[PDB]
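Looking at a structure with echinomycin today.
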There are 2 protein chains.
Amino acid sequence: XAXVXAXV
Amino acid sequence: XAXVXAXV
DNA sequence: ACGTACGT
DNA sequence: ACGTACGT
Ligand SMILES: *C(=O)c1cnc2ccccc2n1
Ligand SMILES: *C(=O)c1cnc2ccccc2n1
Ligand SMILES: *C(=O)c1cnc2ccccc2n1
Ligand SMILES: *C(=O)c1cnc2ccccc2n1
Ligand SMILES: [Mg+2]
Ligand SMILES: [Mg+2]
């Protein structure tokens, strides 16, 4: 759920 | 030389 | 001359 | 329910 490298 | 994850 | 960064 | 981010 977090987006720091994928954002899902 | 750049540091964006290792910085060497 | 190498690896850091998050939760829904 | 998954991967992005740089050059000395
Ligand atoms: C986001 O909160 C989140 C949490 N756990 C995960 C596990 C695997 C892929 C995506 C994820 N996203
Ligand atoms: C993004 O590509 C990415 C990859 N691995 C991680 C690990 C822990 C926190 C954040 C991350 N983001
Ligand atoms: C920094 O400018 C730089 C450039 N190329 C590299 C290759 C391998 C490890 C470290 C590096 N750092
Ligand atoms: C840092 O851990 C890291 C890893 N791979 C990269 C690829 C391209 C640009 C920056 C990067 N930084
Ligand atoms: Mg460490
Ligand atoms: Mg891409």
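Throughout, protein chains are lettered first and strands after them, A, B, ... in sequence-line order, and every chain is numbered starting at 1. Modified residues go in as parent or X - their extra atoms don't get counted. Because only heavy atoms are used, hydrogens play no part in the values below, and waters and symmetry mates are left out as well, while side chains stay in.
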Legend entry - Place of echinomycin in the structure, all copies: chains A and B
Legend entry - Chain letters near echinomycin (chain B) (heavy atom < 4.5 Å): C, D
Inset, instruction - Quote the name the PDB entry gives chain B. - result: echinomycin
